[PDB]
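This entry carries amprenavir.
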Protein chains: 2
Amino acid sequence: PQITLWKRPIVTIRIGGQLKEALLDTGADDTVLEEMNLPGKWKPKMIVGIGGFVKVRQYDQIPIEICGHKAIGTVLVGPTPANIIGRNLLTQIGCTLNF
Amino acid sequence: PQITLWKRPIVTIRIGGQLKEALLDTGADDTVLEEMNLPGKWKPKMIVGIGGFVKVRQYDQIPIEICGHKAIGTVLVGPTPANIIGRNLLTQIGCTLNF
Ligand SMILES: CC(C)CN(C[C@@H](O)[C@H](Cc1ccccc1)NC(=O)O[C@H]1CCOC1)S(=O)(=O)c1ccc(N)cc1
């Protein structure tokens, strides 16, 4: 699709057999989801945003779908105020910025 | 242009007669630049990011150019780890996300 930017680029994603809303975020290297459960082993990671450093759990090889586009990727979980789809997945599904 | 996302979508902007690099950030409602001096008067504002709330200065009607595209808009200045161009300007210059 083409996603315009006068409103937040919120889309529907699928993870862990559930549908959620997430922000398509070109300014995030990595994908971060608000607190939830994911299966198996996770490493702790540090990310930096505005406001400073946040400790999150990194899950590898997580099946996920973003507007009908399927992928398996790394997904960080922790205290973010918004589900965020970052460049690791945006590139995978072929997303570009155009003007 | 078309800007791909396997690397950070960093572009050249012009503001206050200087060229700087900035992140095209679909996940930022607003444009925030690292500390700099800008003409005239400013209101304080609070923004939220992944690590919490940050106090910034809001300058209105700032002439700016983003990758060859000229505009006048709101620009916030504050302690951000990166120059970021948010949806206020991205929409103006006709940015979309496409996949
Ligand atoms: C600070 C930039 C460079 C990186 N952030 C992405 C930005 O798009 C960030 C996304 C966000 C949306 C909603 C709530 C909180 C954060 N928006 C942001 O700060 O909104 C400010 C900027 C102006 O208006 C408000 S990030 O969240 O810290 C980030 C960093 C690393 C990873 N792996 C994931 C996310």
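Lettering of chains follows the sequences in order, A, B, ..., and the numbering in each one begins at 1. Counting starts at 1 for both ligands and their atoms, following the listed order. Determined via X-ray crystallography, 2.2 Å.
Within this structure, amprenavir can be identified as ligand 1. Ranked by contacts, the chain bound most extensively to amprenavir is, in the PDB entry, Protease. Chains with a heavy atom under 4.0 Å from amprenavir: A, B. Counting protein heavy atoms only, atom 28 (O) of amprenavir is closest to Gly49(A) CA, 2.8 Å.
Here is the list of amprenavir atoms found below 4.0 Å of a heavy atom in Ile50(B): 15 (C), 16 (C), 27 (O), 28 (O), 35 (C).
Numbered from 1 in the order shown, with element, the atoms of amprenavir that lie under 4.0 Å from a heavy atom of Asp29(B) read 24 (O).
Of all atoms in amprenavir, numbered sequentially from 1 with element shown, those under 4.0 Å from a heavy atom of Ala82(A) are 13 (C).
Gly27(B) O, 3.6 Å is the protein heavy atom nearest to atom 12 (C) of amprenavir. With respect to atom 29 (C) of amprenavir, the closest heavy atom belonging to the protein is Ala28(A) CB, 4.0 Å. At least one N or O atom of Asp25(B), backbone or side chain, sits closer than 3.5 Å to an N or O atom of amprenavir.
Each of the following atoms of amprenavir lies closer than 4.0 Å to a heavy atom of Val32(B): 23 (C). Listed by number with element, the atoms of amprenavir under 4.0 angstrom from any heavy atom of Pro81(A) are 14 (C), 15 (C). In the vicinity of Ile84(A), heavy-atom distances shorter than 4.0 Å reach the amprenavir atoms 10 (C), 11 (C). Taking only nitrogen or oxygen atoms, main chain and side chain alike, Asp30(A) reaches within less than 3.5 Å of amprenavir. Relative to atom 21 (C) of amprenavir, the option among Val48(B), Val56(B), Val54(B), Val54(A) with the closest non-hydrogen atom is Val48(B). Heavy-atom contacts of amprenavir within 4.0 Å involve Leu23(A), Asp25(A), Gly27(A), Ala28(A), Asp30(A), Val32(A), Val48(A), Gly49(A), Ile50(A), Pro81(A), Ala82(A), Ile84(A), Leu23(B), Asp25(B), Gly27(B), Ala28(B), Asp29(B), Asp30(B), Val32(B), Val48(B), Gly49(B), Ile50(B), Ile84(B).
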